[PDB]
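Since chain A takes its numbers from the PDB entry, the residues it shows come out as 1-162. Whatever order the structure lists ligands and atoms in, that order sets their numbers, starting from 1.
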Amino acid sequence: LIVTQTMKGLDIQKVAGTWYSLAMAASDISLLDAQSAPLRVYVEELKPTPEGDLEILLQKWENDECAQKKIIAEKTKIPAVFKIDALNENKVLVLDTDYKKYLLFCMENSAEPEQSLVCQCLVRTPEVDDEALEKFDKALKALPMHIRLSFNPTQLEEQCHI
Ligand SMILES: CCN(CC)CCC[C@H](C)Nc1ccnc2cc(Cl)ccc12
């Protein structure tokens, strides 16, 4: 109930494949600040599953290392919102993609918006897409984002973005 966009027409099985965490943004700063901040996470691939769910694969800096985590995201009635497991009843919100170049999704927590919402601009290939960043950047004024991070193709090709 803060993210007012969500895409009508989501063919999930078309989001499959790899992506790079190019850009990402959040509501308060403590959440992404340092490499080891909680929602500092790097999406590496989308396996849409047969049930219609989506397995998410992502690296994250924690105990000194770049650590994989598998996150599975369960269907809901809305095609574009999926519920994730961990520490509250969750949403992954998919905002916009063309399937083939970029993909915009946020990640909130129904218990605590202005403190949980984190958003990401994903891309299919390790290069900056201005127009994706365009579309990312223009979708988060309706949102109270307070930190923005951008990464460059080299950091995209490395573990945990350096
Ligand atoms: C905004 C997402 N939402 C739950 C998925 C926030 C509630 C807290 C739980 C720990 N969220 C998480 C679920 C799964 N992995 C996580 C890795 C990190 Cl650093 C932080 C939160 C995570």
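- Contact analysis gives the chain with most pairs under 4.5 Å to ligand 1 as the one the PDB entry calls Major allergen beta-lactoglobulin.
- In this structure, the drug modeled at ligand 1 is chloroquine.
- Less than 4.0 angstrom separates atom 22 (C) of chloroquine from none of the non-hydrogen atoms of the protein.
- Close contacts between chloroquine and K60 involve ligand atoms 19 (Cl) [criterion: under 4.0 Å to a heavy atom].
- Residue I84 approaches chloroquine through these ligand atoms, each under 4.0 Å from one of its heavy atoms: 5 (C).
- Nearest to atom 20 (C) of chloroquine among the protein's heavy atoms is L39 CD2, 3.6 Å.
- Each of the following atoms of chloroquine lies closer than 4.0 Å to a heavy atom of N88: 7 (C), 8 (C).
- Residue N109 has at least one N or O atom closer than 3.5 Å to an N or O atom of chloroquine.
- At a distance under 4.0 Å, a protein heavy atom can be found next to atom 2 (C) of chloroquine.
- Listed by number with element, the atoms of chloroquine under 4.0 Å from a non-hydrogen atom of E108 are 1 (C), 2 (C), 3 (N).
- If you check which protein heavy atom lies closest to atom 11 (N) of chloroquine, you get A86 CB, 4.2 Å.
- Residue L87 touches chloroquine through backbone and side chain together, judged by heavy-atom distances below 4.0 Å.
- For chloroquine, the polar-atom distance check finds an N/O of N90 within less than 3.5 Å of one of the ligand's N/O atoms.
- The protein non-hydrogen atom at the shortest distance from atom 18 (C) of chloroquine is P38 O, 3.9 Å.
- Taking every heavy atom under 4.0 Å from chloroquine, one finds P38, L39, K60, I84, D85, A86, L87, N88, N90, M107, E108, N109, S116.
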List, for chloroquine, each N/O atom that has a protein N/O partner under 3.5 Å away, with both atom names and the distance.
{"unit_1": "chloroquine", "atom_1": "3 (N)", "unit_2": "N90", "atom_2": "OD1", "d": "2.7"}
{"unit_1": "chloroquine", "atom_1": "3 (N)", "unit_2": "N109", "atom_2": "OD1", "d": "3.2"}

